[PDB]
Each structure stands twice: as C-alpha cells, then as structure tokens.
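Below: one structure, written as structure tokens.
The numbering of chain A matches the PDB entry: 2-335, in order. Values below: every heavy atom of this structure, side chains too, minus hydrogens, waters and symmetry copies. In listed order, ligands and their atoms are each counted from 1.
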Amino acid sequence: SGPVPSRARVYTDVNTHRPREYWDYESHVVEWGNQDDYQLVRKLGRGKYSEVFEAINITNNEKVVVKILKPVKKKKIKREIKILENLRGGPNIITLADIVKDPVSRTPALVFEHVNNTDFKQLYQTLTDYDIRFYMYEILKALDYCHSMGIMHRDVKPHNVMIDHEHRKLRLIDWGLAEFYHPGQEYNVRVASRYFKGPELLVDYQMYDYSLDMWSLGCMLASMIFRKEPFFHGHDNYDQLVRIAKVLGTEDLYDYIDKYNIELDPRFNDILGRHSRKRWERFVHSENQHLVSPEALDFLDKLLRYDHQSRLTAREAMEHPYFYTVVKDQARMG
Ligand SMILES: C=Cc1cc(O)cc2nc(-c3ccc(O)c(F)c3)oc12
C-alpha cells in the first residue's frame, strides 16, 4: 500500500465553502490590456519565470512595475492572476494594477503598484533583533491572510519579500507558484527554491498544505538570527535533506517517513546516515548572539519540524512570546 493521507489542520475547507469560480481558475476570463499604455524605464530583476521592469503609466504619469512572464502554460498565468485578484487588498500582499500584452510579441505581462526598494536578501543580514521580529510579524500577516483565503504561496524566500525600510513596510511578491489548497489534493513537489524546500518536497510527499510556507519561513528566520545564508546549504535536492538531517537529526526524520508510510528514493539509503538532533547553541557565536534569545530559539524550533502537521500555524506563530513587544508597540500606535 501507499502513503498515509493528510489534511491541513487549519483553513481546511475554506475553498469548498466558496463559489466554484473562486478557485476554478481555468474558467477565469482575462481582459488583456495594451502594454503601450506603459513605457519601460529600467530592468529591476530577473527570474526563472519573469523579468521585472520599472515603468511609467503614461496616461497618469504614475510609476509601476511590469513583470513580463516567460512562456508557461496559459493555465498557470490564469492561476497567478486569479490568486492575485482573490488576495488584492490583503495585508502585505502585492497589488495587481493591470494585465497586458505587447501588441507585437503578444507576451503577457502583469502590472503592479510600485513598491519602494530592497528585496529582503540585501539587508536581512544586518537588521536589529527588534527589526527581525517586526518584519517576521509582517510576513506572518501575509501568510495568515493568504492561508485563510485558501492559498499557499509555495515560494517563501528572501527575494520574494520586498521591504521599504524607510516606511517600515513589507510586501510578499511572486505568486507564480501559489496554489489553492483542497483537502486530499496531491501537489507537485517541484516548487519553492532549493534552500527553502520543506522535507515533504524533498521526500516526495505530495499531500502537503499551508504548513509548507511555515518551513520556508523557518529557514529565513534561522539565516537571519544565526547569520548563515542559506541556513540549509544543500548541493542538490538529496543533499538538502542530508543537511537538514545533520541539524534536526535522523530519528525524527525516520519517524516522519514511518508515520506517513513514505517510500524514500533509494538515493537516500547511504547518504542520510545517523545523526543526533543538535541543540541550537551550536550555531550561536559572538557576532550573532545579540539576535538570538530563548524566545527566538523556541519559535524557530516550532517552525522547523519534519512533520508538517507539527509546525506552528501562521496565527499560532503570531501569538508566540517572540512577538510580545512587537504586538504591544503596535497597539500603542494604533
Ligand atoms: C525584483 C525587483 C523589484 C524591485 C522593486 O522596487 C519592486 C518590485 N516588485 C516586484 C515584483 C512584484 C510582484 C511580483 O509578482 C514580482 F515577481 C515582482 O519586483 C520588484
């Protein structure tokens, strides 16, 4: 027999209770505008699925960002668009302003609100203890929201968090890998970027959920507090699990595999070995100790579990003592 099934422990059925068209994105009709409404100013960045440009809307002279999509299935473009429309106006969610095609090339492009500066990777190795907590809290708002709206991001990583440090503002971007959660659905495990892939993805357990994003978040938190980028530095997908196993231990890994009756790719037979679960103090040194606290380690420990079911939810994470000061400072300002 095969793998034991799994269900999300929160927001399990939110898509089921919705009208069909909320999640049945293949049926969504897209009104394509004219890219000549926009003049490209400069290239901001590039990816596997898109190139991103600063641009001007010539009709009202506003600054925007244009994300020209690399060729993918129509289905996937509809998926990203529907998800962006569904989450529009949600906390710390990038705002879609328009959808266009170049009239010559016919290449599809998404147009977003202009967001001020850095990708998170440029500063997240030089933030204060408080700022790590502050921005982590802001990310959790986005994740709790999108999970509550029946959506998993599936590519949480520093490049996909845009911070305006001047205005203390954050947006979660690049919803191109996001999907609707449906209980019992088996998902593609070729998602997320290598260093942020959850064990479920690495061992090919397909019946995953929102909790995937919480592992990714844990990887980010660990790189920031211990200043080791990335925290789990694998050479490939198999070695990525080995790197995790050398920290989290092999006992919990093999219990995870047994619990869900997962069939391990034979490649893993020799390389996983036998490793203890390491205490977090092993990663604490002079330069990083000001970012590490008992609260930080307790929080981190509760994100980074093999068993997706054992990880904190976004709302549970937000209620952790690590955030108590952030929370009280926020009720102060109003
Ligand atoms: C990459 C640099 C970059 C810089 C910047 O100041 C704003 C940006 N906004 C995007 C963006 C928004 C939504 C997406 O879905 C996406 F993929 C990218 O990338 C940006």
What's the chief binding partner of ligand 1 here? Just the name from UniProt is fine.
Casein kinase II subunit alpha
Determine which of AF-219, AZD4635, 6-thioguanine, S-lenalidomide, ERB-041 is the drug at ligand 1.
ERB-041
Using a non-hydrogen cut-off of 4.0 Å, what is the binding site of ERB-041?
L45, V53, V66, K68, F113, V116, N118, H160, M163, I174, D175
Looking at ERB-041, does any of its N/O atoms fall within less than 3.5 Å of an N/O of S51?
no
List ERB-041 atoms under 4.0 Å from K68, heavy atoms only on the residue side.
14 (C), 15 (O), 16 (C), 17 (F)
Just wondering, which UniProt domain of chain A does ERB-041 mostly touch?
Protein kinase
State the UniProt active-site residue of chain A that lies closest to ERB-041, plus the least heavy-atom distance in whole Å.
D156, 8 Å
Is the shortest N/O to N/O distance between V116 and ERB-041 below 3.5 Å?
yes
